[PDB]
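We number chain A the way the PDB entry does; in order, the residues shown are 363-405, 411-528, 533-639. Start at 1 and go down the list; that is how both ligands and their atoms are numbered. When reading the values below, keep in mind they use all heavy atoms of this one structure, side chains included, and skip hydrogens, waters and symmetry mates.
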Amino acid sequence: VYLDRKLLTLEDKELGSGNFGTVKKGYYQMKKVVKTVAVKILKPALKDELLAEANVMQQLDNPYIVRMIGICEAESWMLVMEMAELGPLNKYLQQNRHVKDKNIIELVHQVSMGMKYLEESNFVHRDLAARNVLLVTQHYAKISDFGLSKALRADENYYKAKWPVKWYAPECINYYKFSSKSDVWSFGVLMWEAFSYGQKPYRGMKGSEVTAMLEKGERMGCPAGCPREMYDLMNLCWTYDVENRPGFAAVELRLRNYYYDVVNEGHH
Ligand SMILES: Cc1ccc(NC(=O)c2ccc(CN3CCN(C)CC3)cc2)cc1Nc1nccc(-c2cccnc2)n1
């Protein structure tokens, strides 16, 4: 886990900023190769949050989840991760409107593979949104940002708790219950965002109006140009009943098969 500050070189320019601190690009000297890294650098509770985040990432190993290199206590506490050069998915798609539907399916399918793994691992992400999907290439997505994530108890399939309300399942709001199934609800919002080239969901609406809309069985409409199959999958993820909502094994299989259909169409 613990890295040597002398082997880490940080760039002056920042990639992002917020209340927690900053994200910077850097280099870490590995056993032989040098490795480009993204480094979350902290501004009592905050240290514990970062260390909890590191504890979760330590336990994960999947091609579609961002890898932690380790942590370092220097000028500030730092979390050192592999770099995804193209950055957050929503910003990428906003800037690259030529990205084709097939390519979007490919990316969201990769996210569903990472989330099928996270579900198998019994961790709940709790912040699954397009902003937290990072692109290694235009054809390779990874899930990031495990700051709100929780390891489920051996005897329960949910964690009982601001909140990113527009990505939250109704039971998260009504009962404070977070499960892989609530992450599936968030994944439906993520799909919507991706097929909307990074537009924010529920435009112009307050969180409380989104909760009212949802309780009435109402849902965002189909993004321009979005395949009906993918919109149907968003609706499936937005199943109000937790038991009937698909888990990620079912979601991933639907996407996998549709992606194969589109790959076939392309060959034709
Ligand atoms: C290549 C790149 C370009 C930009 C960013 N940006 C960010 O990490 C970031 C951080 C905070 C915010 C918060 N925020 C303020 C600005 N606005 C309006 C959006 C919300 C947004 C983006 C990351 C990367 N790459 C990258 N690669 C690997 C890992 C990470 C990474 C980022 C954050 C947490 N954990 C891992 N990040």
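The macromolecule with the greatest number of heavy-atom pairs within 4.5 Å of ligand 1 is, in UniProt, named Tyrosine-protein kinase SYK. The drug candidate or drug found at ligand 1 is named imatinib.
Every atom of imatinib (ligand 1) is numbered from 1 in the order shown, and the set under 4.0 Å from a heavy atom of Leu501 is 26 (C), 27 (N), 28 (C), 29 (C), 30 (C), 31 (C), 37 (N). Inclusion of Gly454 in the set of residues having an N or O under 3.5 Å from an N or O of imatinib (ligand 1) is not warranted. Contact between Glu449 and imatinib (ligand 1) is present, with at least one heavy atom of the residue lying under 4.0 Å from the ligand.
For imatinib (ligand 1), the atoms sitting less than 4.0 Å from at least one non-hydrogen atom of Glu452 are 1 (C), numbered in the order shown with element in parentheses.
If you look at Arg498 next to imatinib (ligand 1), there are no close heavy atoms at all, none under 4.0 Å. Rounded to 1 Å, the minimal heavy-atom separation between imatinib (ligand 1) and the UniProt active site of chain A occurs at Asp494, 9 Å.
The atoms of imatinib (ligand 1) that sit less than 4.0 Å from any heavy atom of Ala400 are 26 (C), 27 (N), 28 (C), 29 (C), 30 (C), 37 (N).
In chain A, the residues contacting imatinib (ligand 1) fall mostly within the UniProt domain Protein kinase. The entry gives the source of chain A as Homo sapiens. Contacts with imatinib (ligand 1) closer than 4.0 Å are made by no heavy atom of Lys402, backbone or side chain.
Among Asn457, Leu453, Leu377, the residue whose heavy atom lies nearest to atom 24 (C) of imatinib (ligand 1) is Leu377. The contact set between imatinib (ligand 1) and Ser379, taken as ligand atoms under 4.0 Å from a residue heavy atom, comprises 13 (C), 15 (C). The residue-level binding site of imatinib (ligand 1) (heavy-atom cut-off 4.0 Å) is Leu377, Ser379, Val385, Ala400, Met448, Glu449, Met450, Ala451, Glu452, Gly454, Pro455, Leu501.
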